[PDB]
Each structure stands twice: as C-alpha cells, then as structure tokens.
Undergrad: 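Have a look at this one before I ask anything.
Proteins come first, then strands; the chains are lettered A, B, ... in the order of their sequence lines, and each starts at number 1. Start at 1 and go down the list; that is how both ligands and their atoms are numbered. The displayed model is a subset of the deposited entry, and contacts were enumerated within the subset. In what follows, every heavy atom counts, from backbone to side chain, and hydrogens, waters and symmetry copies are set aside.
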Amino acid sequence: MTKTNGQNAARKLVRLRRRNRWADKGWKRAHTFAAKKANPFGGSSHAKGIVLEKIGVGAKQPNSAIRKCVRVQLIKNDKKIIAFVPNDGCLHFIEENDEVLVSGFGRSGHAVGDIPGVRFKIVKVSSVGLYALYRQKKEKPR
Amino acid sequence: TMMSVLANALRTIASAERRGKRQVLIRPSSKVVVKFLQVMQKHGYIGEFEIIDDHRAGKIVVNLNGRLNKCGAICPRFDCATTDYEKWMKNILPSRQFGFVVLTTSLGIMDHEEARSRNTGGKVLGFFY
Amino acid sequence: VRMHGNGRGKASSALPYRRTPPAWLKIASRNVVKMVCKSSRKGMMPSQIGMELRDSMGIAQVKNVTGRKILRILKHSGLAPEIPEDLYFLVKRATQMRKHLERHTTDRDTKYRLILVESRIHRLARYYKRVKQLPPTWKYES
Amino acid sequence: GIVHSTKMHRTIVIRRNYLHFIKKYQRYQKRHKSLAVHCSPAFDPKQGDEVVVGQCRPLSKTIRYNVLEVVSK
RNA sequence: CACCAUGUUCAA
RNA sequence: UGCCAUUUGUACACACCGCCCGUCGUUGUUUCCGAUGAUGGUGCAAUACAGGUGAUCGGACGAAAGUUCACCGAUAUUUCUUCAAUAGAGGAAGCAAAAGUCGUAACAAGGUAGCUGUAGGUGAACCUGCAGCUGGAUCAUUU
RNA sequence: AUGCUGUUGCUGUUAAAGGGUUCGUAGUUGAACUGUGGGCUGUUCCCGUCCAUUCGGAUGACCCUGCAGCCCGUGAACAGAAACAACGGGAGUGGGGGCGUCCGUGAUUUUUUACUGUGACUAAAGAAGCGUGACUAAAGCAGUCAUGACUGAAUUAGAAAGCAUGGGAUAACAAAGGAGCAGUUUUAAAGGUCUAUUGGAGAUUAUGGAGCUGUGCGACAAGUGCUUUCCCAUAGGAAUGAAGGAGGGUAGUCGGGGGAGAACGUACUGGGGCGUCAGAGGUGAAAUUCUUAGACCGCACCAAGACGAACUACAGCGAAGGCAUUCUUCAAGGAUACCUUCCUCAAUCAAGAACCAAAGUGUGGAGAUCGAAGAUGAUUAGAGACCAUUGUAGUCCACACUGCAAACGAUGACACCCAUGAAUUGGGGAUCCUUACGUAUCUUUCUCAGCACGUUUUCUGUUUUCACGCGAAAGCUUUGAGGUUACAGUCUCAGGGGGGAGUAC
Ligand SMILES: *O[C@H]1[C@H](O)[C@@H](N)[C@@H](O[C@H]2[C@H](O[C@@H]3O[C@H](CO)[C@@H](O[C@H]4O[C@@H](CN)[C@@H](O)[C@H](O)[C@H]4N)[C@H]3O)[C@@H](O)[C@H](N)C[C@@H]2N)O[C@@H]1CO
Ligand SMILES: NC[C@@H]1O[C@H](O[C@H]2[C@@H](O)[C@H](O[C@@H]3[C@@H](O)[C@H](N)C[C@H](N)[C@H]3O[C@H]3O[C@H](CO)[C@@H](O)[C@H](O)[C@H]3N)O[C@@H]2CO)[C@H](N)[C@@H](O)[C@@H]1O
Ligand SMILES: NC[C@@H]1O[C@H](O[C@H]2[C@@H](O)[C@H](O[C@@H]3[C@@H](O)[C@H](N)C[C@H](N)[C@H]3O[C@H]3O[C@H](CO)[C@@H](O)[C@H](O)[C@H]3N)O[C@@H]2CO)[C@H](N)[C@@H](O)[C@@H]1O
Ligand SMILES: NC[C@@H]1O[C@H](O[C@H]2[C@@H](O)[C@H](O[C@@H]3[C@@H](O)[C@H](N)C[C@H](N)[C@H]3O[C@H]3O[C@H](CO)[C@@H](O)[C@H](O)[C@H]3N)O[C@@H]2CO)[C@H](N)[C@@H](O)[C@@H]1O
Ligand SMILES: [Mg+2]
Ligand SMILES: [Mg+2]
Ligand SMILES: [Mg+2]
Ligand SMILES: [Mg+2]
Ligand SMILES: [Mg+2]
Ligand SMILES: [Mg+2]
Ligand SMILES: [Mg+2]
Ligand SMILES: [Mg+2]
C-alpha cells in the first residue's frame, strides 16, 4: 500500500521524496534559515561575549547542586545567553565585564544533562584559556 | 484490474509450488508467459504444460515437479545492459551457482546466462530458482 | 455494474466454443439479413433484434449464421441509430430521472444516481467522439 | 517535432516530446521542449502533423529553425 | 447503590 | 475488620500509604498579539537633470570656444509595492527549575464507565445536554 | 553508522501515520491476438475346460544440437509469376554485344521512438596503475649501463545529450473505428494534347516515339458461386476474438434504499365528561412539587405533537452519513438469468465537484415528551456535580448555511492465488488418476400452472469456529494483517522521538 512503480513514474517519485525530506529534522535544519538566524552563535562556533552577571542554576531532579554559570552578552550579534563554567572553582577566574570565549557543549545546542536551560560553555576568559587557569599552566593577565 | 499477465502467472505458480501442489491452472495466458515457461522447462524447473484453447486468451495447466523454489516477475521491465548482468545476479538471485534471470532481448526471451554468451542485452522479465 | 458502485456481480452470457450453426436450421444467410433489417424498420435497436431472433427464430448468434454482426448489417443498410444504443439508454435514463426530480425536489438519492449516469454519459461520449462514432460537437443536454 | 499551434502568420510552434531518465529513481520522466519554427507557404501543416525542421540563422526573436518536410497526420 | 478526600524530596 | 484461593480490570512495581491532573503563588527563559516609533536595501515611474555621443550652426587662431536638438544616462527628490531586520505601555501562550496553596479529574465498575464530536456553563482540574464509539465493566440466553 | 528519507529498500489494526463518502481532470498504469518454419545425412503371473457350496485345488500381460542445400506455407514456372525492396566537366587522360561496379542527377507509394550490440569523437591536474631501491615512504617522471649507448614517460575508467551503424523481444508515438470501401496483360483501331536528328546556328514545318481519354477484341486471375440474387409469370458476405475487464439491453424479481400522498397504533402529557375521598409524588432517606376550590386513582373519549414496542437478529438495504406500521404512487439500484448488443470504452487519482451523524446558525411553522442555560430541593467539609422537582434554547418540519465525529474494521481503492466444517440473505438450476446417475414432507376456492420445506449444485452479499503462513505480541487468516531480506501487479494518501501545536502568521 506504499509506493509506485511504473517506468515513467519518476516525476512522482522525485516530488514525493522532496516533500518527505522536510519531515527529517536534520534535513530541515540543514536547509532552512531559522536554524542560523535564531542560533545565538551566527551559525558558527566559539562566539565571544562579555560577562554580565553570575548565576547559580540549580540542578534538575534527582540531582541536587547549584551549577555555577555566567550570563554573557555576545559581541557579534548582542544576544544574551547563559553559559556554564566548568570546573571546581572557576568563577574565581571570571569577573564581570570580562571577555569570554564561549563554545557550545555536547549536543548541538540541547542542554547537556543536569543543567536546565544552559547549552553553552566557557572555554577561555580574558584571552587566556580557562582550563589552563584551572590546572595552573598560566595565570590571568593584568 | 489485471495489469501484468506475466506477473499474474508467475505469482500463481510460485504460490502453488510453496503449497506443494502437483498442477496449477494459469489464467489468462500470453505468448510471453509460454515463452517464460519454456525457459523453465529447458532447465528442468517445471514439467509438461498444456495450453487449452478458448477463443479467448488461453489457460495453461502446468505440471510441477518440486524443483522450483520461487519464480517472480520484475516490474517494471528494467533495461539491462551486458555490463549489468552481475548486478542483477547479486540482487535477485540467491547464488551465482544456480538460478536464472529471464530477459526479453532482440534475439528472443532468454535467461541471463544465454544472453551473456551471445553478447546481448534486454529488458528483464523475471527470475526462477 | 462495477464502474460506479460496489457491485462485483458476474452474470453474463458465455458464448460457445463451437462457432457453427447447428445444421437443423435451414434459413439462409440472405434471409437473416432481411429479418434483421426488417426489425430495425419496426424501430428495434440492435440489442432487441437479436433476442427476437434468439428466442423465436432459433438464431443464436447472428454473427455465426451471417458472417457479420447485427449492428454491422444495420450500418451497411443505412439503418444504424443516430447516436449509439449505449448512449441512447443512458440519456433516456438521465432525462427520466430529471423529470422526476423537478417535482420531487428533495429526492436526495436520485440526485446522487443522476450524477452517476451523467458521469457515464460524459465518459462514453468521450469514447465515441474519439472513435468517431459521434460528432465532435455532440455535448450532452445538461 | 509535432505541430502544436499554427495561429501565427507563416510561423508554427512545434513540440518535441522526450523521456528524461533519472539515474536515482530508475525511471523515465515525460518532458517537452517547444520551438517556434518558421513555416513556408510551400507547406500547410495541421496540428498533430509531424515535421522535420532544419536550423538556420535567427529569423526573429525566437525563430532559429525552419520547416523542411511535413509528414501528414 | 447514604458519606468515604489526601499522604513532602532523593534514595534503598 | 482482616486473611486465603479463583476470575477479571489496571496508567500500580519500595506496588493504593501507589500513581496522578489543572488553576493559583515564586524564579528564569523563548515566542506571539499590540496604539505608536523606526532601519537598511530592491523593483515600479515620475519629474528635475551631471556628463557624454550624434547632428545642426559656429568659426577665434582647416579648425578650438560656444549655440540648438535628439539619444545613452548617472545622480537628486517623491509616490506606492516588496524583502530583511527593529523599539513598545499593555495583553497573553508555552517551557523549565528539591520538598508553597486549593481540590481530586484520570488509572479498579478510580467510587457518576471512560472517551470522540459539538453546544452552553463553571476557582481549577471539570460538570451538563444531544448523536456516536468500546479502545467496556457484556463476543452469550423466545431455536 | 541510518532499510532514521527507503529507486534498490521503510512504515501506516493497536506504537507517529488510510485522508468522512462518492464523482472526477492533469498525472501514472493498462487484457489477449497477426509469427519465427520444414526436408535429407550424421549425433513368472493373469484370463477358461475337470474339483467344491460362510473360507480350496491342480494348470492376454512381460523379456529382449551439428553442419549444408530449400519459389523458406501452396500455388505457378522448367528469363516469366509468387514473395520480396540517362550525365564524359563521373573512374590518376571514360573500370562490336553481355556481365557487373564507381561517382553525381532525374522519375517511381509511406515508418518512426525507447531499448540493445558495436564503433567515431571527447584538456591536463585529480582517480585507477605499468615500469623504476629519489636510502624507504609521501613523491617525481625519470633515468640506467661501460669524447656514447638503449632510452622510457605503457595503459584504463570518466555523467547525460550529440554522431554512425545492426538486432527486433518488450513497450511507445501516430492513424484507423472497417459501406466511413483502394483486374493484370496481349493486339490492332478512333478522336485529341503542349525534346533528338537533317554539318552549325536562326526561323518556320509536316511525319513519328512515349504518354491522353471514349471503344471493340485476344489471354489469364479474383478473399467469396452472375448458369446468382430479387421482383414477376442488379457492388452488397469476408469480418481476429468476445477478457471469469467496463457499458448497454431483455426477464421475473429482491430489500428498515430514496421522494411524495393519505390512514393507522398504543403510549407520555393536557383537557373536560363520569365516579371516588386524603393523600399522591419522589428518594439511599428526604425535601422542593401537587392536593377537600377533589390531587393521585379508575373508565370511556377528545385534542395536539413526537415516535413506530414485542417481532428485532453476529438479518436485509444504501457510496458513506443513514434507513423499522400500513396502503396507493414516482423515479431508481444491485444481484441473478441469457448462445442479446457493444468491442478496450478501463484502474486509480493533485485540481475541481455533490453528499455528509449530532450539536450549532438564519427565516418561517410546531411546541407533546425529554431537556444545555437558569431556578429550587438534598447530599457534602465545600457541591458551582452526580440524585429529586422543574425549566429556556433546542428536540420535530420546511427552506437556506455549516462540514468540526471513536465519520471505526482505529484496517485506501482495483485485480490475483488461497485449506476446512456448521450456518444465513437474494437469484438461478436438478429431484497409473473413471465414459457419467440418490428425493421426502403439508397447506391448497384465488396478486394460485400456487406457498413453504427436504436433498443437492452454483453465482452475489453479511458473517462464524478452522489449514498454511505471518506478526514484537495481542491477534489476523479465501472477509488477510498470508502469498515479504526468497524484498518489484497498478495507482494513491499520510508518517518520521515526545512536546510547543493543529498553536502563531
Ligand atoms: O453460491 C454458493 C456456492 O455456489 C456454494 N459453493 C456454497 O457453498 C457450500 C454450501 O453452502 C451453503 O449452505 C447453505 C444452506 O445452509 C446454502 O445456501 C443455499 O441454501 C439453499 C436453501 N435455501 C438454496 O435454496 C440457497 O439458494 C442457497 N443460498 C449453500 O449456499 C453447502 O450447502 C454445501 N454443503 C457445501 C458448499 N461448499 O455457498 C455459496 C453461497 O454461500
Ligand atoms: N558531540 C561533539 C562531537 O565532537 C567531535 O569533535 C572532534 C573530537 O571529539 C573527536 O576527536 C576524536 C577523539 O574524541 C577520539 N578519542 C579519537 C578520535 N581519533 C578523534 O578524532 C580526531 O582525531 C584524529 C587523530 O587520530 C583525527 O585524524 C580525526 O580526523 C579527528 N576526528 O573528532 C572530532 C574532530 O575534532 C565531532 N566534531 C562532533 O561532530 C561531535 O558532535
Ligand atoms: N515586552 C512586553 C512586556 O511583557 C511583560 O509580560 C511578561 C509577563 O506578563 C509574562 O509572564 C510570564 C508568562 O508568560 C509565563 N506564563 C510565566 C512566567 N513566569 C512569566 O514571566 C514573567 O513573570 C515572572 C515573575 O513570576 C518573572 O520572573 C519573569 O522574568 C517574567 N518574564 O511574560 C512576559 C515576559 O516574558 C510585561 N507585561 C511588561 O514587561 C511588558 O508588557
Ligand atoms: N512547566 C510547564 C507546565 O507547568 C505546569 O505545572 C507547573 C506548575 O504548576 C507546577 O507546580 C508544581 C505543583 O504541581 C505542586 N503543587 C507543587 C510544586 N512545588 C510545583 O512545582 C513547581 O514550583 C517549584 C518552585 O515553587 C519548582 O521547584 C518546581 O520545579 C516546579 N515544578 O510544576 C510545573 C512546572 O514544571 C503544568 N502542570 C505542566 O503541564 C507543564 O509542565
Ligand atoms: Mg492538598
Ligand atoms: Mg489515595
Ligand atoms: Mg551509369
Ligand atoms: Mg465484452
Ligand atoms: Mg390521561
Ligand atoms: Mg382527568
Ligand atoms: Mg445523593
Ligand atoms: Mg422534566
């Protein structure tokens, strides 16, 4: 009950497939422009921003902590986002009005497990790497 | 309505052979469906068959001898070049040892093995093994 | 009637294999053409001529006695109907439904069956215009 | 081609109907090209007539071909 | 056939 | 009040001391509507019109300056169209967060069987009317 | 990786998903048939004549593709019929008749396309790889060897379309629709029409070649008998077939199918007419409510509006919604029967059409009963609910509108194959793989050569407990969810983790 044969039925099969590829959430995201115009990074990776304020986001059930994260405002398009600060400590390396280099983390913008509504991640603060500051490879300028 | 008479005939042979019958009654018949059966006689997959004359399209009574596993029809009759026989053998046949792909060529209705030897190509009709 | 409706009914006449007059009838092929052409001058259409010869004269299958068919005998003699017999009885049915529906304004079922006979009329008249049994301007009444 | 319309003065539009094979879906596809063809008064082709056209210079904005033989009906 | 509503968060 | 077996239903499984629905509060987020505000380009065609090209005259010293007309046309300004972005009092919807409030709608005949459509009512789950369905709690009882 | 985009190759009863039903265009798909030939030569039983009596006996079977020549259907010949498909300005200075080529030009009646086999053309770099110890390798095209030698840089795939050519299965385009139709030669005669030679060239000019038509005449055919056929005592017979595909017809029909008229049936209410007297109602208990100005009850009747109980069911009709008294009517519908007619007219469908339960809307009617809203009782912690009493819109009809269902079989349409045993509805028919065989019951002075039944066939419809097979299972199973990794009959619609959300624009 599914599809058509016929030696001259190729226009039917070409039209049939081009509409059913829009139902694929990978094909539709790769071929519509709401994907990049609403992505806070401009269809790119690692956008810079300025730290505005520090937030403690409480973990989801069944976990219980508060996740240390900053809210930053990106430079390329002035979009306010909340981004996580990975490691033990590490808001001690971030002050307000710091330029931070913010990547996503994990899952193509889908909020890695415990943290609710945070889908970006601090990589580098004041143009020195944030994991290099944790392991004390080098220290902050100024 | 009935569209392909050859696809009808091979489907009633294959159905009655998996039921282990001794005879089938094939209706309607054609010149094509008797030339398909005579390929299946020459490599001994069926026995003697008999065409009953109506002044309509005929009927065929085919004697089965237990050797046929599956006969089927490829619809639409795809065009097959001489370089394309090894592609059709891997797709519809169970092995390269046995099994035949029947083609309608300019030289006639033949299996794939004869058509490879006479260096011809055709449209594919069906298979039997 | 399979084309419109759900009927899978299989009731037909099954013509004999032995296409030969039965040798007990001594009527000439010449006289059967006179009887066929005479009945058309009494207003009988070709389907009604053949039953009267089948029932009373013993002529099953006028084609076997006289090598040509009844309507072919009529076309040679100039006695063919103006429009074909199939199209006659469908038009004559469709006008008897409409003369019903003018006084019976809410006969809901006969308005549905009238769509179906006119769909048969426009689908036969396309056949007869293509095969040139009917003029190109023909165009059913309603 | 086959004659499609003869409504213009001394010019016909021919229709070239061909099957376009798709390599992915192993199936053909009916396409067509229409060409305006200058038709000489040596010829009177009706619609549906099959003609043979030969390429020439531009004779108008769209006319590049010119009818050489008409095969009736 | 009167009425009969509810029991915090993880975990074992 | 409890216990044991069989049958049946279940969205229960640390198992009815279960599970679970909506309004309401608190926090955070992304949309939409909205008087009004406003931005960057297109297209449309309207005038004005820099320059030049061709022509016509011109003829200082053949041939410069300059006339005049036609054409190509930049730019300027306005008129709507159209695409992409954007501020907004107010009004909402949704989602997400450790244990706030109100009931208890659903799951068992969940204590009025559930549910579909529609219409009206209500803090809120929802109730009610009418015609359907069993995915029902009946495959069954003038032989 | 992902048969999680499925052409190969996915799902759609319940997991997301078949669209409410029909008609229907574009589209895609579409039944059979006109045929591939032949000859020669190779390559021991059992059936009977004597014994015995519900059981024995001595006494006609079977066994030994390969090469050549075909008027290559059969006619008809022993080149004629059948079937076939003129330029020297030419050719390396033109290779007395025949033969046969080459080149170019005229006159004569027509078959393509897809497919398929071979070719012809198609830049390197890149890919594939042939040589070679740049020390290996990634490379590169180089180098290798005993007053210079063999030099190498081979080859192949490269989308479609374009070009040439041969093969003719399958399909395709086109045309036809068959009364709409397409007699060959010998011979001499009549009339009449607009180039080559005579040395050239010019101008006149009759003859003649070959063709034009109206005849007579000599042969041979004819796919339809003219020694006929009609009158009376004038070409008309040559056409595949009739699809267990569609259409139409004719016939007794069959059904809660539809429309329209009348007429019935009890019942719920409401009335008066007759009587009664003390409560009825309602509930789990009550209370709102009715009642000595007479309720409830009982009897007959009347009015009005709905509705057709039991019979009424794994029954029928209809495309689906849906349809249940009767009688008179109108147009239909399917099935069945048929040696009627037709001859591919079909299948399925974007767009487009017409129907579509209930609620709802508009305008008129109607207004009995039930009754969203609302009002009173009660239950309750609360009760905006269930329960009781009411009661508006609605229910019902007419004409418009809407088009929102668990519109279900949670199952698209059309074909095909498919094991078994009870039944049921309508129609019809009988009473070494076998050359055939069985018939009862009871009603019967007029919709009566009747009705029902019994046994058996068979077609169409709605199903049931039962073989494969299938499925994750529940379950499905000629009524598929079977015939599916052994995956292609045709067309079509939808789905792609849960939501947001059937929301916003
Ligand atoms: O059309 C039928 C078909 O041809 C045939 N195969 C048959 O199959 C059965 C048959 O089954 C039915 O049994 C029914 C009786 O209970 C009978 O129906 C018939 O009943 C008679 C009496 N009223 C007839 O008058 C009636 O017309 C008829 N319908 C059969 O149809 C069995 O009886 C046989 N024993 C076996 C057959 N295979 O069924 C088809 C229709 O169902
Ligand atoms: N979810 C984030 C994932 O990260 C990936 O990002 C990168 C890495 O996480 C990942 O690195 C993997 C490493 O994790 C894993 N342990 C081994 C693997 N060999 C690495 O792969 C990488 O390193 C090798 C070198 O050997 C490179 O040759 C290779 O091209 C590169 N993919 O390879 C990716 C190339 O940088 C994918 N880019 C991204 O699509 C995916 O979603
Ligand atoms: N730009 C329009 C603005 O919308 C505002 O409206 C805000 C609210 O009315 C509205 O309420 C949202 C609501 O959508 C959603 N359903 C729930 C959410 N908690 C609310 O959010 C709002 O209220 C909470 C306080 O409890 C704040 O913490 C939160 O930041 C604020 N956005 O969301 C809007 C912002 O997201 C105000 N009316 C006003 O500032 C202005 O109209
Ligand atoms: N979040 C969107 C919607 O919120 C609604 O429900 C939301 C709230 O109404 C609901 O509130 C619950 C409530 O059920 C229950 N009675 C008490 C509970 N504390 C509340 O919880 C809420 O509030 C607390 C903070 O106060 C949060 O930590 C918690 O995550 C949040 N669930 O929690 C939900 C928030 O996730 C709809 N029920 C639901 O359909 C949907 O999830
Ligand atoms: Mg509570
Ligand atoms: Mg509880
Ligand atoms: Mg010559
Ligand atoms: Mg027929
Ligand atoms: Mg009364
Ligand atoms: Mg009374
Ligand atoms: Mg109560
Ligand atoms: Mg009431």
Undergrad: Identify the drug located at ligand 4.
TA: paromomycin
Undergrad: Which macromolecule does paromomycin (ligand 4) make the most contacts with, named the way the PDB entry names it?
TA: ribosomal RNA 18S
Undergrad: Can you list the other chains with a non-hydrogen atom under 4.0 Å from paromomycin (ligand 4)?
TA: F
Undergrad: What residues contact paromomycin (ligand 4) if the heavy-atom distance limit is 4.0 Å?
TA: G22(F), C24(F), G25(F), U26(F), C95(F), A96(F), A97(F), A98(F), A99(F), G100(F), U101(F)
Undergrad: Help me out: what species does this PDB entry assign to RNA chain F?
TA: Leishmania donovani
